[PDB]
Amino acid sequence: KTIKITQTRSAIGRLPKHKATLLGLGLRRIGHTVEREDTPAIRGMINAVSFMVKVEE
Amino acid sequence: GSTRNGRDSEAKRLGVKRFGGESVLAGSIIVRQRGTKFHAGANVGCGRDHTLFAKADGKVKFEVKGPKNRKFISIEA
RNA sequence: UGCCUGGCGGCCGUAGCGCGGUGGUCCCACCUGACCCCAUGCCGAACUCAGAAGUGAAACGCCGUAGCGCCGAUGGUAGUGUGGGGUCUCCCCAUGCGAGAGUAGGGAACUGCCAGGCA
RNA sequence: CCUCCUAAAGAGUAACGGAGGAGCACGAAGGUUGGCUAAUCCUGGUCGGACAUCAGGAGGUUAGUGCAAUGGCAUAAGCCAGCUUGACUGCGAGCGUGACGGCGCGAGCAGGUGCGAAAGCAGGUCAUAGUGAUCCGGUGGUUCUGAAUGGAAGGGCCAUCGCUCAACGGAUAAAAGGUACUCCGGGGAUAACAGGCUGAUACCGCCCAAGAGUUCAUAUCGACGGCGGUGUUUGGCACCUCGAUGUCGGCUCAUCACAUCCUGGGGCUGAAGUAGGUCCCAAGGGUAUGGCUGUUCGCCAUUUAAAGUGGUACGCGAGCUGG
RNA sequence: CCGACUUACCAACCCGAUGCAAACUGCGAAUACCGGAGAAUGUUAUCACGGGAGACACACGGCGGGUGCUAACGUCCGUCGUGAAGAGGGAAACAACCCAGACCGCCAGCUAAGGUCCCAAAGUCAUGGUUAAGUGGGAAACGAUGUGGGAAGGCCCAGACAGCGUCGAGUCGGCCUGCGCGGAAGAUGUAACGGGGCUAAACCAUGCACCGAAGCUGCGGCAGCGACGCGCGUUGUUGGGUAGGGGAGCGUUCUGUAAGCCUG
RNA sequence: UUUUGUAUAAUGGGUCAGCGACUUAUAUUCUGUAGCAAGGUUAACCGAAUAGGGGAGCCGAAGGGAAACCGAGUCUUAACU
Ligand SMILES: C=C[C@]1(C)C[C@@H](OC(=O)CS[C@H]2C[C@H]3CC[C@@H](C2)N3C)[C@]2(C)[C@H](C)CC[C@]3(CCC(=O)[C@H]32)[C@@H](C)[C@@H]1O
Ligand SMILES: [K+]
Ligand SMILES: [K+]
Ligand SMILES: [K+]
Ligand SMILES: [K+]
Ligand SMILES: [K+]
Ligand SMILES: [K+]
Ligand SMILES: [K+]
Ligand SMILES: [K+]
Ligand SMILES: [K+]
Ligand SMILES: [K+]
Ligand SMILES: [K+]
Ligand SMILES: [K+]
Ligand SMILES: [K+]
Ligand SMILES: [K+]
Ligand SMILES: [K+]
Ligand SMILES: [K+]
Ligand SMILES: [K+]
Ligand SMILES: [K+]
Ligand SMILES: [K+]
Ligand SMILES: [K+]
Ligand SMILES: [K+]
Ligand SMILES: [K+]
Ligand SMILES: [K+]
Ligand SMILES: [Mg+2]
Ligand SMILES: [Mg+2]
Ligand SMILES: [Mg+2]
Ligand SMILES: [Mg+2]
Ligand SMILES: [Mg+2]
Ligand SMILES: [Mg+2]
Ligand SMILES: [Mg+2]
Ligand SMILES: [Mg+2]
Ligand SMILES: [Mg+2]
Ligand SMILES: [Mg+2]
Ligand SMILES: [Mg+2]
Ligand SMILES: [Mg+2]
Ligand SMILES: [Mg+2]
Ligand SMILES: [Mg+2]
Ligand SMILES: [Mg+2]
Ligand SMILES: [Mg+2]
Ligand SMILES: [Mg+2]
Ligand SMILES: [Mg+2]
Ligand SMILES: [Mg+2]
Ligand SMILES: [Mg+2]
Ligand SMILES: [Mg+2]
Ligand SMILES: [Mg+2]
Ligand SMILES: [Mg+2]
Ligand SMILES: [Mg+2]
Ligand SMILES: [Mg+2]
Ligand SMILES: [Mg+2]
Ligand SMILES: [Mg+2]
Ligand SMILES: [Mg+2]
Ligand SMILES: [Mg+2]
Ligand SMILES: [Mg+2]
Ligand SMILES: [Mg+2]
Ligand SMILES: [Mg+2]
Ligand SMILES: [Mg+2]
Ligand SMILES: [Mg+2]
Ligand SMILES: [Mg+2]
Ligand SMILES: [Mg+2]
Ligand SMILES: [Mg+2]
Ligand SMILES: [Mg+2]
Ligand SMILES: [Mg+2]
Ligand SMILES: [Mg+2]
Ligand SMILES: [Mg+2]
Ligand SMILES: [Mg+2]
Ligand SMILES: [Mg+2]
Ligand SMILES: [Mg+2]
Ligand SMILES: [Mg+2]
Ligand SMILES: [Mg+2]
Ligand SMILES: [Mg+2]
Ligand SMILES: [Mg+2]
Ligand SMILES: [Mg+2]
Ligand SMILES: [Mg+2]
Ligand SMILES: [Mg+2]
Ligand SMILES: [Mg+2]
Ligand SMILES: [Mg+2]
Ligand SMILES: [Mg+2]
Ligand SMILES: [Mg+2]
Ligand SMILES: [Mg+2]
Ligand SMILES: [Mg+2]
Ligand SMILES: [Mg+2]
Ligand SMILES: [Mg+2]
Ligand SMILES: [Mg+2]
Ligand SMILES: [Mg+2]
C-alpha cells in the first residue's frame, strides 16, 4: 500500500525537527502531494507533522 | 553596594562519555566522575580520579549488581 | 531419587528483621588444654596450634508465624513532547508519553556446582 | 584556582546572582602485607561531675576522611601495625577536555625496585583547589657545537633554580596626581533636563471591622490586614535627543482636568437656631497684597466669598528678566 | 545531710498525624542527548583540507529560569521563532505577533490568517440559545431580590409564604453554573469598537456559502543547479536578501590592429 | 548614513556642472592560464640588438635530529612490543 501525503500549512516558523521531517517526506511546498509507502517509519513522520499534512488513505 | 559571592570553578566536563552498547577501543574513557558513582566491571579499569576506562575493545555494558545494587560498567569483548 | 550438613557461586529484602518452635549420628558451633608453631600496644578474647570429655546454652541451620521492613497492580491524579486556545503571575483543549504517593493485593525467597552424613 | 546551587535529568551555559573554600600539608599522612570497624545513647562502676577511662547492651556509620563543598568510601578510600621508597627512569595503544598555549585519564612494553607464601599490588596521597607562559640569567651533567687549527669562551641538549609577573594568557627592568585655563576625536553605544516604559514609593479611592465615640463599629474616626485608581512625588530603566531638545525662580500671557477653595444643588449628622462635621452632584464664573529669602515653598502681617489641587517640555528665554 | 508534694509552667527523645525546600532525596517522568539497526526522502544535506571573508552593539515574541516588585519596550542565561538581512495578506495605524517566504509578466482561478451592515472585497446566511449593560467596545477585592440554566432540600389544601383565627397556592434560601450590574476620577477634542452605525451588525453553539496574500494553481517568459539522453533537447528542481564570498558583463579614455575604415 | 530598530522630531545634502576615495612598487602565498618538466629559470651584465649570450644564483627532485650525524629513513631510549 502507498499513501498520498499533502502539505497543508507553511513550514515557516516550524521547529527544525519538523522541517527535517517534511524534507524526510519530500514535501516541498503547501499543496505538494507525494506518494509514499505505508510503513511505520513513514507513519511516524506523518504523525510528527500531522498538524501540517493531510493523508489520503 | 558590594556582594561577598561572585565565585565559581570551571565546569569539569564529568559524566558518561560512552553510553550502553557503544563500541570502544581499549583505553577509551567511559565515565568521568567524583568517586565511584559507577564501579569498574569486567574489562574496565578505575583510574586515580575514579575515571572508568576500557581495558579491552568491545561494547559498553551498564549493570546493577551485588548486595548494594551498585552500578557497574563492563566491556563485553 | 529423597532428607540433613558444609564449602563456593547466581541473585541482592517477595530474599531482611522480629517472634514461636526445632536439630547434634554426621557436619557445624561452642568446647578442652597450650613447653610447642604463631599471637595479645594487657589478656590463648581474637589470631594460632595440640585435641575430642561435654553441650546444643549461645551461635548457626531448618520450620512455623504478618507485628514490621520489603514488593505491588488496576483506576485516578501530577507532570510533560507536539499542535492549538484562554480571563495568560496561571491554566485549558486535541494527541502522544505518563509518574510519585496511596489502594487492593503479594510476601516467611528461589536457584547452580562440589563434598560429606543418613534413608 | 576549587566545590555546591542557579543550570531547564548528557556536556556546556550569564549577572556587581545565592553560599563556601585554595595559593598547602605529608618520607608518612606515600607503597604494600596482615589485621581492625564508627557516632550516639542506656544500664553498672574509685576519685569522676553532663562529658575522661572501664564493663555490658542498644544502635548500625546518624562516625571517620590533614584542610571547603560535592561525589565517593566496609573488598573500606575510615582505624592500627610490620616491612619499605613505585613520591621509580625510559616509553605508551587508546581516550577525555580545551580556539590555542595547554591540562587530564591510561592499560600495556623495557629496565631496575618494594611489599606479599602466592594471585598480585605499587609511576605518590579517596577524587576534584594548593598555581605562573615566554624572555633573561643561575647551578649540575653532557666534547652535541667550538668563526685558521688544537683548545677555550659562548651556544645547544638533559636535569634543576629565580615571579602575590595576584590586573594571576604574565604591556616596561623601572611610574603618582591636577585642570573651572583647558583641548581634539567620538557616543544619545553612556549620565545630568524634559519625554517614554514602569508604578516599588507617592498621592487618591475602596473592602473587612478590632475598637474610640455616655450607651451605640459604620454622625465622626478606623487598629490588624485586604483590593484598586491616578501618573502625581521619590525612584527604577537607559528607548528618543550629545553634527545642542536652553535649565531654577520671577515677569507677561495663558489653556485644560476635577480629586471643588468660594459661590449653586443635595443626603446623613453625635443637624435646636446660629454655625459646623461628613458624603454626593456641580468646572459657569471667581479664586489676596505685603515683610523676609534667588527662591518655588515656608513662616509672618493684614485682607478675602474664597485665597483650590493638578496637567500643559516641573506651560511660557526665536516673549522679557538673570537673583 | 537530705527529701516530698507541687506547678499560668517551659519541655528534648520517641510515637502518631500536617505541610514546606535552588544549594533536601529511601522515588521519578515527558523531552533532550549518546550509540546501534532498518526503510523512504533530501541538488552531499556530512566530514576533511585549502583560497576569500564578514562578525564578536543584537532586538522582540514563545517556553524554562536568575535578578528586579513573577515592575519595566528592565536586566542576565538557556532554548525555539521572527526581525536583523524578508516584501506580500491580517492585527485601524504597528521591524520583532498571526498567515505566508516576492525570478518576470497576466484585467484568470483556489485558498491562509483574518473576515463578509456602510466606509470596504464577501452572509443584513441558516438553526438553537444568552445579554439589555452600547455589556460587547479598559479596571480588583468586594457589594446586589439583574437575568438564564442545572442538581438537591425545608415547609405546604392536617391551609404553607406575605398581608389583615382568616386566606386558598405555592412559598423559602442555600448549592453549582452562563451572561450582565455597581465598584470605575485627568488633564488640547468625541477620544477605552478605526469610524458610521449596531439590540445584532454582540456573545455562545452548530452548519454551509463566499471574500481574502507577491501562498497554491493556470498560461506565457527568463535564469541557476542536477540528472537522463544526444553545445543542443527532454525532464526534476531552484531563483527574498545586509555584511560578505563566488560568477558574468556594460560603458569611458588611451595603444596596437589602422598610411585601414567612416567623415564637408 | 548609522543602527536592535528611523517617515522619524537622529546624520548629511540649497541646486546644477566639473573634479573627488582600494593605487603603485617590491616580496610572499594560493588560484587560473601558458611554457618546459626531474627538472624549471636565469640576475647584473654583454649585446644597437624585446634577439642572442650570461646558469652567478634561486626553487625543486629527502628526510630525520638541537646538533655532530645518519639517511628512505631518522630521532627518541640502555633498548624499543
Ligand atoms: C549646552 C546645553 C544646553 C544649552 C543646556 C543643558 O544643560 C546642560 O547641559 C547642563 S551642563 C552646562 C551647559 C552649558 C554649556 C557649558 C555649561 C555647562 N553651560 C553654560 C540642558 C539644560 C540639559 C541638562 C541637557 C539638554 C539641553 C536641551 C534641553 C535642556 O534642558 C538642556 C541641552 C542640549 C542644551 O542645548
Ligand atoms: K571515550
Ligand atoms: K604506609
Ligand atoms: K615494571
Ligand atoms: K590583565
Ligand atoms: K596627566
Ligand atoms: K476606589
Ligand atoms: K450609633
Ligand atoms: K544631548
Ligand atoms: K494652571
Ligand atoms: K451638608
Ligand atoms: K467652576
Ligand atoms: K524641558
Ligand atoms: K526663565
Ligand atoms: K523655540
Ligand atoms: K526676543
Ligand atoms: K528568549
Ligand atoms: K527568515
Ligand atoms: K460600547
Ligand atoms: K545611535
Ligand atoms: K541632533
Ligand atoms: K600575488
Ligand atoms: K602558475
Ligand atoms: K619510526
Ligand atoms: Mg562546578
Ligand atoms: Mg554491589
Ligand atoms: Mg578455642
Ligand atoms: Mg539453642
Ligand atoms: Mg506507582
Ligand atoms: Mg525468619
Ligand atoms: Mg547538566
Ligand atoms: Mg538538559
Ligand atoms: Mg551560549
Ligand atoms: Mg592508605
Ligand atoms: Mg591518606
Ligand atoms: Mg584529599
Ligand atoms: Mg633580553
Ligand atoms: Mg677554533
Ligand atoms: Mg679565531
Ligand atoms: Mg588576564
Ligand atoms: Mg568636543
Ligand atoms: Mg539610548
Ligand atoms: Mg529622565
Ligand atoms: Mg520619571
Ligand atoms: Mg539594553
Ligand atoms: Mg525626546
Ligand atoms: Mg541637527
Ligand atoms: Mg466630582
Ligand atoms: Mg464645560
Ligand atoms: Mg448657562
Ligand atoms: Mg508670598
Ligand atoms: Mg518649564
Ligand atoms: Mg502650572
Ligand atoms: Mg532674547
Ligand atoms: Mg520658547
Ligand atoms: Mg547670577
Ligand atoms: Mg567585543
Ligand atoms: Mg557582545
Ligand atoms: Mg543575548
Ligand atoms: Mg520569561
Ligand atoms: Mg530589552
Ligand atoms: Mg519582560
Ligand atoms: Mg546591522
Ligand atoms: Mg513582513
Ligand atoms: Mg505587514
Ligand atoms: Mg495595513
Ligand atoms: Mg473562493
Ligand atoms: Mg461590500
Ligand atoms: Mg439573519
Ligand atoms: Mg465598553
Ligand atoms: Mg465588572
Ligand atoms: Mg473631554
Ligand atoms: Mg492574488
Ligand atoms: Mg509563487
Ligand atoms: Mg522565492
Ligand atoms: Mg538572490
Ligand atoms: Mg586606437
Ligand atoms: Mg540608539
Ligand atoms: Mg517605518
Ligand atoms: Mg522619533
Ligand atoms: Mg531627517
Ligand atoms: Mg518634519
Ligand atoms: Mg553623528
Ligand atoms: Mg543640513
Ligand atoms: Mg635535510
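Chain identifiers are assigned alphabetically (A, B, ...) following the order of the sequence lines, protein sequences preceding nucleic acid strands; residue numbering begins at 1 within each chain. As a textbook-style caveat: the illustration shows part of the entry, and contacts are counted within that part alone. Atoms within a ligand are numbered from 1 in the order they appear, just like the ligands themselves. No hydrogens, no waters, no symmetry mates; every other heavy atom, side chains included, goes into these values.
At ligand 1, of ensitrelvir, mupirocin, lamifiban, nirmatrelvir, retapamulin, the drug present is retapamulin. Within 4.5 Å of retapamulin, most heavy-atom pairs belong to the chain that the PDB entry identifies as 23S rRNA.
Chains with a heavy atom under 4.0 Å from retapamulin: D. With non-hydrogen distances under 4.0 Å, the site around retapamulin consists of D:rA192, D:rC193, D:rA244, D:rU245, D:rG246, D:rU247. Covalent bonding of retapamulin in this entry: none to a chain.
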